[PDB]
Amino acid sequence: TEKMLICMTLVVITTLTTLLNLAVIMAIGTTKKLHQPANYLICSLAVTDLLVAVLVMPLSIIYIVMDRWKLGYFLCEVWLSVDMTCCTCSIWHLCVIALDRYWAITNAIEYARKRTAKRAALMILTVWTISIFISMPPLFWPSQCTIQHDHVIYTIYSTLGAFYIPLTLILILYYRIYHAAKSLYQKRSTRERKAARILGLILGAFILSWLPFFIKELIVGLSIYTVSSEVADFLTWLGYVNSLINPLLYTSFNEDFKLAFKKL
Amino acid sequence: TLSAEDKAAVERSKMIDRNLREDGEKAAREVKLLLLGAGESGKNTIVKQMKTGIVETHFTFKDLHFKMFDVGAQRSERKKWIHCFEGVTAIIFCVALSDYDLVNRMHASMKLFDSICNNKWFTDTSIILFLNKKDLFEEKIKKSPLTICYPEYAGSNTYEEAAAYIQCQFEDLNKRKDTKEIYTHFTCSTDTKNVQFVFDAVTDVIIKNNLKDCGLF
Amino acid sequence: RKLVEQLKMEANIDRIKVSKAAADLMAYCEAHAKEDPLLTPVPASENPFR
Amino acid sequence: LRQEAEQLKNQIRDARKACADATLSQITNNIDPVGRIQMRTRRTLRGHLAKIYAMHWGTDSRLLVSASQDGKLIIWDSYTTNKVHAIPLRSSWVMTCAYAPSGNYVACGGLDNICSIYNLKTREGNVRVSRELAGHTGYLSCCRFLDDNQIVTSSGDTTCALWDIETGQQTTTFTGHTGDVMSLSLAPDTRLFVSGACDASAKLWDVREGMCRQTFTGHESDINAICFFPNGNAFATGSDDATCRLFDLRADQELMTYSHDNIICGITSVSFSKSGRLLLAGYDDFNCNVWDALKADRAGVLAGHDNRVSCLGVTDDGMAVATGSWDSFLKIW
Ligand SMILES: CC(C)CCC[C@@H](C)[C@H]1CC[C@H]2[C@@H]3CC=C4C[C@@H](O)CC[C@]4(C)[C@H]3CC[C@]12C
Ligand SMILES: CC(C)CCC[C@@H](C)[C@H]1CC[C@H]2[C@@H]3CC=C4C[C@@H](O)CC[C@]4(C)[C@H]3CC[C@]12C
Ligand SMILES: CC(C)CCC[C@@H](C)[C@H]1CC[C@H]2[C@@H]3CC=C4C[C@@H](O)CC[C@]4(C)[C@H]3CC[C@]12C
Ligand SMILES: CC(C)CCC[C@@H](C)[C@H]1CC[C@H]2[C@@H]3CC=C4C[C@@H](O)CC[C@]4(C)[C@H]3CC[C@]12C
Ligand SMILES: CC(C)CCC[C@@H](C)[C@H]1CC[C@H]2[C@@H]3CC=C4C[C@@H](O)CC[C@]4(C)[C@H]3CC[C@]12C
Ligand SMILES: CN1CCN2c3ccccc3Cc3ccccc3[C@H]2C1
């Protein structure tokens with residue numbers, strides 16, 4: 001009874017994610033008005049979400065449904081490494097979109113010159129470079145794919161580099177944007193309410209989706225406590241559904257994106 | 001496939017495309033201002049301060065390139081060419097204060113402002129309002145009260161309160177207060193802070209557009 | 001002023017029956033329908049636009 | 001005096017009513033309709049970065065000219081999409097352009113009140129401003145060529161002009177319009193031309209001698225486009241009241257009205273097919289409608305433009321229809 005419902009909900013989640021990412025990619029590519037560096041960053045985030053939805057979620061489902069895992073002791077390492085890379089690259093796109101917005105609202109005059117496709121390409125290249133650098137170190141060192149918290153030094157390095165550093169960066173860069181918007185509002189109610197609500201929706205989703213997984217990782221990797229497989233799986237998929245949430249946050253609040261969706 | 005002439009044609013097309021992209025990138029950073037006013041509003045003095053048919057005035061302030069389009073010489077129908085300025089960054093309106101009691105360009109200025117800021121093309125375009133010739137207004141108000149143009153005006157015949165009332169009525173002519181904002185400034189017969197105010201309004205509009213791209217506005 | 005003489009010159013023109021004008025219009029359309037690529041879709045072999 | 005004008009207008013209306021023995025719709029009732037007309041975007045010319053306000057095809061049915069708010073005309077090769085020329089404009093506000101019948105020159109005009117002529121076939125290769133034609137006191141709505149030496153021009157001065165490019169000054173001024181003239185259409189023999197204005201009237205003028213031959217009314221709003229029938233004895237006018245009309249020169253009155261309840265939007269461009277059976281009217285509802293000129297039935301719809309279809313043109317050979325819109329793309333069907 002439970003297994004069929006779990007399989008159905010996981011498969012509908014992983015298909016909704018890929019359809020949403022494909023819709024965002026097609027809307028950005030097709031529309032000539034949506035050819036901006038910020039939209040290029042959003043498109044890169046969408047393709048990263050597509051990658052983590054078509055290369056990570058399907059493999060996670062078969063682990064969950066078919067109790068054990070039978071694909072070899074080699075492909076498990078590849079799946080885990082690509083999962084690290086994709087789920088860190090999504091976070092770092094969420095961070096560089098925050099950087100781009102902070103520079104666009106704060107230094108509006110100067111950043112207009114610098115908002116070139118070259119800058120967006122360099123941003124995405126350094127995002128992927130960071131993601132690779134937080135996924136390759138564990139490679140130089142069945143019936144199950146258990147995360148190996150063998151080296152403590154890598155546990156802190158991986159968890160700070162992938163989540164906590166982007167967490168602090170996003171918090172700072174959106175608090176500063178909130179004050180920048182507040183300064184505009186105060187010098188001339190509902191606008192402040194909308195500005196607070198949108199930032200809350202952007203930040204709280206990124207918190208509630210990823211923070212529990214990395215806090216349990218910090219607990220387990222330090223040999224503090226132990227967590228059951230079901231709770232770990234639940235928090236893992238709570239992290240995964242950020243791939244679903246991200247297009248909704250980063251496209252549904254833009255008038256040009258809404259118009260492109262209506263046209264499509 | 002393609003011969004030598006065809007390849008040369010494609011090369012020429014690619015070079016022209018490169019030139020068009022470079023020109024578009026250069027021109028996308030320029031701030032478009034549409035200067036409007038009455039017959040004797042004083043826009044010519046403002047143009048002289050900062051710097052046939054439509055008159056283009058190109059100037060630079062703090063690394064920003066402003067192009068101001070004056071269409072005061074177009075006596076034809078306004079609705080047949082106004083949409084050409086649909087994408088201007090701002091509309092610099094000029095109102096001559098001292099023309100408040102002259103038989104009635106103040107009412108004509110109010111009517112034209114109402115027609116402009118409520119135009120369907122300029123729903124999201126901000127208006128920078130200038131109240132020119134306030135120095136002459138301060139001495140004209142003493143001999144002639146503001147009641148001639150605005151009978152509903154109440155209070156002392158002080159130039160400060162009169163200017164406040166005129167400003168407030170101009171922002172009351174707006175019906176899109178939730179979308180656009182009207183920046184009001186007094187010329188004060190100097191150019192430095194005048195261009196500074198224009199630049200500040202332009203930067204505010206640019207920041208508003210950047211915040212609206214993210215949905216935060 | 002000049003309007004009255006201009007309108008007199010306009011009114012002093014020759015006139016034709018509407019039926020004859022419509023018949024001539026139809027005759028031209030039906031005579032040149034064969035040479036109209038838009039009316040009759042030309043085959044893509046002879047269409048310079050692909 | 002002012003009293004006799006009304007009497008003569010009533011006399012003209014009575015004469016027109018007497019001449020209206022039948023109607024065009026009741027005569028073309030028995031002829032077979034063309035049916036649905038399907039057109040696909042054969043080419044999509046890209047390269048403009050702002051709203052496009054005018055275009056004109058070449059005589060050879062291959063090259064064309066397009067004008068946008070970029071402040072630069074573009075001479076395209078429609079067959080291969082290659083940009084043959086990109087002529088920068090001194091004034092970025094252009095709302096009319098014309099491609100010379102011989103292909104040597106290209107004219108453009110706008111809020112600068114000047115229909116500047118550029119020479120395309122110059123010795124040095126790079127296009128140069130051959131002539132700057134000044135003398136109009138209003139925004140320039142349409143200036144169309146006659147030959148390499150003469151041009152006709154329509155402005156917001158409520159008047160038209162006939163310029164000699166070599167001399168550089170007007171040789172004939174056509175006055176009589178009450179509103180801004182916004183459209184021109186040269187007769188196929190280039191002897192007369194019709195001009196539609198904002199006073200909801202289209203006047204047929206004689207080029208050689210000057211005086212207004214005829215005046216046609218019937219529109220309820222400003223006329224934004226006009227075009228002769230290929231026979232040269234009729235013309236179609238598109239206005240802001242969402243109705244096109246087909247007036248006849250010889251009959252001196254309208255023959256058919258092309259309108260629908262669904263369309264409530266003005267017409268920005270009107271053009272005919274080679275045989276005259278189709279009437280392609282570009283609407284500012286972001287599309288175009290192909291009407292049966294003998295039935296007033298909408299034979300087809302041309303959609304694909306995101307913004308208002310500002311300009312429309314049909315080649316001399318009738319092979320393709322090119323529509324330019326405010327989304328900065330031309331589409332050749
Ligand atoms: C499914 C296969 C083809 C892989 C798809 C992923 C990659 C190759 C795709 C996804 C998004 C795509 C981009 C989407 C939009 C644009 C802008 C356009 O002006 C040029 C092409 C360009 C830059 C596309 C290039 C190819 C692209 C980067
Ligand atoms: C390593 C791969 C899989 C990462 C995902 C694809 C990346 C490289 C793609 C996705 C969207 C792409 C960009 C979309 C649009 C443009 C603008 C164009 O004028 C130059 C290319 C450029 C800048 C593209 C290339 C780089 C880009 C960011
Ligand atoms: C490259 C990708 C897109 C291929 C398709 C991936 C997804 C849709 C596929 C791959 C393997 C599939 C699983 C294979 C076996 C089972 C066990 C069965 O009792 C329920 C369905 C379930 C759990 C399948 C669900 C769908 C699944 C996860
Ligand atoms: C691999 C992991 C552990 C480290 C990756 C490198 C990190 C620490 C680097 C790479 C790029 C860096 C950013 C580059 C530019 C800016 C803009 C400005 O606001 C200064 C800080 C900030 C925001 C930097 C913060 C630190 C940063 C994010
Ligand atoms: C859909 C959202 C919540 C993301 C989480 C998806 C996955 C991880 C969720 C969705 C349904 C969940 C299951 C629902 C019910 C039960 C029965 C309970 O006795 C043990 C946990 C267990 C077996 C859950 C495990 C986690 C689970 C499989
Ligand atoms: C859920 N999935 C993505 C998130 N996660 C991350 C991400 C960044 C840094 C460390 C880890 C922890 C880890 C260790 C070993 C394999 C895979 C991970 C992946 C597992």
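Reminder, nothing fancy here: chain letters follow the sequence lines and each chain counts from 1. Heads up, header says this was done by electron microscopy, 3.3 Å. Only heavy atoms go into these numbers, but all of them, side chains included; no hydrogens, no water, no symmetry mates. One-based numbering, in listed order, for ligands and for the atoms of each.
- Short version: main partner of ligand 6, named per UniProt, is 5-hydroxytryptamine receptor 1E.
- By its PDB name, the drug at ligand 6 is mianserin.
- With heavy atoms closer than 4.0 Å, the chains neighbouring mianserin read A.
- By chain and number, the binding site of mianserin (heavy atoms under 4.0 Å) reads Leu80(A), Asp83(A), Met84(A), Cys87(A), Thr88(A), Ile147(A), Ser158(A), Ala162(A), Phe213(A), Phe214(A), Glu217(A), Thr236(A), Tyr240(A).
- Taking a heavy-atom distance under 4.0 Å from mianserin as the test, the passing transmembrane segments of chain A, by UniProt's count from the N terminus, are 3, 5, 6, 7.
- Of all serotonin-binding residues UniProt records in chain A, the ones placing a non-hydrogen atom under 4.0 Å from mianserin are as follows: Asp83(A), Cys87(A).
- Nearby ligands and ions of mianserin, counting only those under 4.0 Å: none.
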